Amino acid sequence: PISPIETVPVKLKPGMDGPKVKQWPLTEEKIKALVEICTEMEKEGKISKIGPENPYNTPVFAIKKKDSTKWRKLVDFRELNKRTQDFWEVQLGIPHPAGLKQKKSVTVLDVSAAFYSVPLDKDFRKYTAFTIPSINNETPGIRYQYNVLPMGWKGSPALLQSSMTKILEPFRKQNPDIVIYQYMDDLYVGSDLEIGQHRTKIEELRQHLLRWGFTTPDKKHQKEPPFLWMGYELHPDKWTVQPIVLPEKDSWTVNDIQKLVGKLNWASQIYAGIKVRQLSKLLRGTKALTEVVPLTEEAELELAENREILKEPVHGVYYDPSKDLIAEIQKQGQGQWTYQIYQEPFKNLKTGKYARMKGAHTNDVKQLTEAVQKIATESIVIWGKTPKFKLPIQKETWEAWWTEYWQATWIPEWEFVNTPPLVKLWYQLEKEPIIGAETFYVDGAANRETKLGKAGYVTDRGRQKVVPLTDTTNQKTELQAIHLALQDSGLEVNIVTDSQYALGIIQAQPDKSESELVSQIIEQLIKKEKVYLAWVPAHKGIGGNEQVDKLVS
Amino acid sequence: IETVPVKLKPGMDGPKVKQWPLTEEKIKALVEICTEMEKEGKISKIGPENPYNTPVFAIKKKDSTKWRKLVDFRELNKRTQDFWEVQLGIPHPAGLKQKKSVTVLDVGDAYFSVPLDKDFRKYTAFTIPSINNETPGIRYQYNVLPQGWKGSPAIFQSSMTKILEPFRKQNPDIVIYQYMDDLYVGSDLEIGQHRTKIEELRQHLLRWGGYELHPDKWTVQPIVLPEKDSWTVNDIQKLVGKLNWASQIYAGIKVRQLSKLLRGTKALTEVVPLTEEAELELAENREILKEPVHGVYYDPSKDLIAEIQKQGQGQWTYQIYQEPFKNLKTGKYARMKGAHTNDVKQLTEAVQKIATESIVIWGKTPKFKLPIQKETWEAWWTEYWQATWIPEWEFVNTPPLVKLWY
DNA sequence: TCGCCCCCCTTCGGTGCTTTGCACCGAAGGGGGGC
Ligand SMILES: C=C1[C@H](COP(=O)(O)OP(=O)(O)OP(=O)(O)O)[C@@H](O)C[C@@H]1n1cnc2c(=O)nc(N)[nH]c21
Ligand SMILES: [Mg+2]
């Protein structure tokens, strides 16, 4: 039936009129399934016949349903969507089973044909005009418009959610101790009432939904565990994901690999240690989704590692508000991190991974800080609070970082846990120059038009060097000059540059870089014993800097 | 009452800013505050057919342990018509910065007695989130002058002058400056005789509907040069680059004779004796650094900018300017929480103090350049925010070359 | 030949700098999952 809820008024974008696009051909089965719904839709007042004063049109189709018998109708409203007003979407996120508490009695309900029970603004209906063609051209189409929310229209999901919220609110305030997770037309209902009173509350809720025109068929009224919910399986004491089947293929296309990485990311919420860095590397620099990509040896290894992880059974547990949340992070290599969130040891609420590279130049301490931030945000979304952290970094290391780094930084309450590899600073710059160490005055210059440059140095010990560089930049020659001084100095060096750029990168103590040149500098910094790094303004004739500046000229 | 016609600026649309996640305690507080507001008709429940949105959150102060709802209308204010173009804006008094002690009072609730133009309310929508996304967001829009909207002090302008008259009447040398939802009220009374007349103002405000600030100690910290009597090559290089930078701010500072003390390819730890012509240059530039710059004047038609550097041991330096290298004020903020283990707290508190000083001194907050990663700031700042206003800010990553301000 | 939401990974294009490339950032492409 159709709800007697009031319609929510909707407008076109200002200046625009409605769509006017002719219809295309569909199969015989599609016309019959569509006509059964179409004749039935008219019987139940979901649509009404129109004719030629209505100048708008849009084309229609259908698609198969996971309930294999049923067919799902869709009209191609891409044009009407473009001209329909913007909506502020109220679905802010996706509920997660790790955020559920243990409940004595659980029910899962679904509203049938939910869109088709919510009416559409009267003044807006004429823009939903369409036509049904039956075969190729035995006839042309007859014309209908929608009286209810159509599938495929930009506003339908939000007006369904708003309608569901309005209908549910009386029951919610009248039963504050009954959890209702409402996602689209899917209702999770938990409670601590014995099964007897629980089921009284359910039929009372169902009869409230039916007065407002939302029917709940028995076919989709789950009442026994395991409940199927949001792609998971809810047991009394634990939950699992529905089975994840990975592609297995002789020859892989870009599109195949994209599907695999998506599956693995989905699996990572409960399977610990999942990695996708080497599989995603294969997507880089490709040019077609149908292009065949051979797996590298590293990608085979990583795939095999993941496949071993996925053959093991796993489960999450539910949330106990009376205990702390704990987050533990491990390092996996090449900027990859994995984490578990738990309340009692070896009983994970969920897992996940962090593996983004932010910036051209970074270090493990920054990325660990980022993983912490991602986890903190995720915990707020699911549980409404942040967890306590267990991190593989020593307090000495962190304290060395936030006193020598110039940006404000922080990590909340955390306990060191010794699970190598530990997060480390891979070198430190001396705060004072080093007695007895050689002093290198470095500089490099490039010609912007020419693209040719030189890098070189002079020293307090009388050493000099000039190197010609081709196809470079200004900033590269300065980086190159520092490369040379690190290359030819001993284990202890003092260096003076006039590149704020180069000083800026290196003073942040990076340990990885998208640039092969900066990576070379990093390996050399890690091999040194002590390095002091000093800046001076250029072209002011400063002793040392001026001599080399001239030498590079 | 009849509303005042309000417009957005030509060619601008209303705000469209996502709500960020909130903790349990802030969501419960907002739900309690909004349902009471809805019952009193100050806000209305709306749906997704209103396409506008502004983030909402809550703060609770160090000594008023009830939650205050805070809606981040920065985007809405940026798009709202000027009210000095309608010339209903409020003038800043040059007396406020001269006072013994200045107390801040939150008078936001006076706005809720004035209705907002029916056609402008849609631009004020906000969305309360849901723990573990159990429900869709819940949306409201204002029916009255919103707390945090820049048009509320301007529309309520004529009325606050009426409510204030007898106080400023009776205390001609107390000065009161409205800024957004705040009254900044200063006097020269003794530390606790000042407090009692703040209570008198509260009672008069009550008859219809932070801590003590001390502007005298807002010491300016100038550029300073070290004092040694042994100076290395490296010491003189760091000093020459520092004054070379200061040559962009001050006039008649030069380096060529401190500059040639290093002639030659020297070792950075060699000890250079200072020429008398070097001491000639140095003690000279020390005294230029000693006193303020000549020719720097505030311009109210331009924005204020503020830059902050972390110095360590909980110290934080800052400069406020409008044109580069013409600082209206340089200073140094000092941590005092006691644990002294949290950079984001210190910086968030430094931004509040600097912005407070701008309101007291010039009547508006500056746009901050924050020495922090955006996503580090965003993860933690609201846990430390205690003001009913929010300044504009951006995120910068510039290493020090010079430790100019230390 | 459809809609709306979240997530990740890659790519691209705009912005601003005492720039001449570089680093940042958000949006849009692909994928996963939900109804
Ligand atoms: C979430 C939705 C409601 C509940 O989805 P649903 O699984 O409960 O389906 P519905 O209630 O209609 O039928 P049923 O409950 O009797 O089985 C449906 O109204 C429509 C919407 N939805 C779902 N998938 C699609 C889709 O691909 N394209 C479109 N445009 N919309 C879709
Ligand atoms: Mg359904």
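Proteins get letters first, then strands, A, B, ... in listed order; numbering begins at 1 in each. As the structure lists them, so they are numbered: ligands from 1, and atoms in each ligand from 1. Going by what the header records, the deposited coordinates were determined by X-ray crystallography, 2.6 Å. Side-chain atoms are counted along with the backbone in the values below, which use heavy atoms only and exclude waters and symmetry mates.
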Q: Which one of troglitazone, berzosertib, isavuconazole, entecavir triphosphate is the drug located at ligand 1?
A: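 From the list, entecavir triphosphate.
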Q: Could you peek at this structure and say which chain has the most contacts with entecavir triphosphate (ligand 1)? A name from the PDB entry would do.
A: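 The largest share of contacts goes to HIV-1 RT p66 subunit.
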Q: If a contact means heavy atoms under 4.0 Å apart, which other chains contact entecavir triphosphate (ligand 1)?
A: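 Within the heavy-atom cut-off of 4.0 Å: A, C.
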Q: What would you say the binding site of entecavir triphosphate (ligand 1) is, if we count heavy atoms under 4.0 Å?
A: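 By heavy-atom distance, those residues are A:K65, A:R72, A:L74, A:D110, A:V111, A:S112, A:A113, A:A114, A:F115, A:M151, A:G152, A:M184, A:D185, A:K220, C:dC2, C:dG3, C:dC35.
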Q: For entecavir triphosphate (ligand 1), which atoms have a heavy atom of A:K220 less than 4.0 angstrom away?
A: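 Contacts of entecavir triphosphate (ligand 1) toward A:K220, numbered from 1: 14 (P), 15 (O), 17 (O).
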Q: State the atoms of entecavir triphosphate (ligand 1), each with its element, that fall below the 4.0 Å cut-off from a heavy-atom position in A:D110.
A: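 In order of numbering, the contacting atoms are 8 (O).
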Q: Do any nitrogen or oxygen atoms of A:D67 lie less than 3.5 angstrom from nitrogen or oxygen atoms of entecavir triphosphate (ligand 1)?
A: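 It does not: no N or O of A:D67 is found under 3.5 Å from an N or O of entecavir triphosphate (ligand 1).
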Q: Could you list which atoms of entecavir triphosphate (ligand 1) come closer than 4.0 Å to a heavy atom of A:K65?
A: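 That gives atoms 13 (O), 14 (P), 16 (O), 17 (O) of entecavir triphosphate (ligand 1).
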Q: List the name that the entry gives to DNA chain C.
A: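 It's listed in the entry as DNA/RNA (38-MER).
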Q: A:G152 heavy atoms, cut-off 4.0 Å: which entecavir triphosphate (ligand 1) atoms fall inside?
A: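 Close to A:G152: 30 (N).
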Q: Check entecavir triphosphate (ligand 1) against A:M184 and write out every atom of the ligand that is under 4.0 Å from a heavy-atom position of the residue.
A: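 Selected atoms, number and element: 1 (C).
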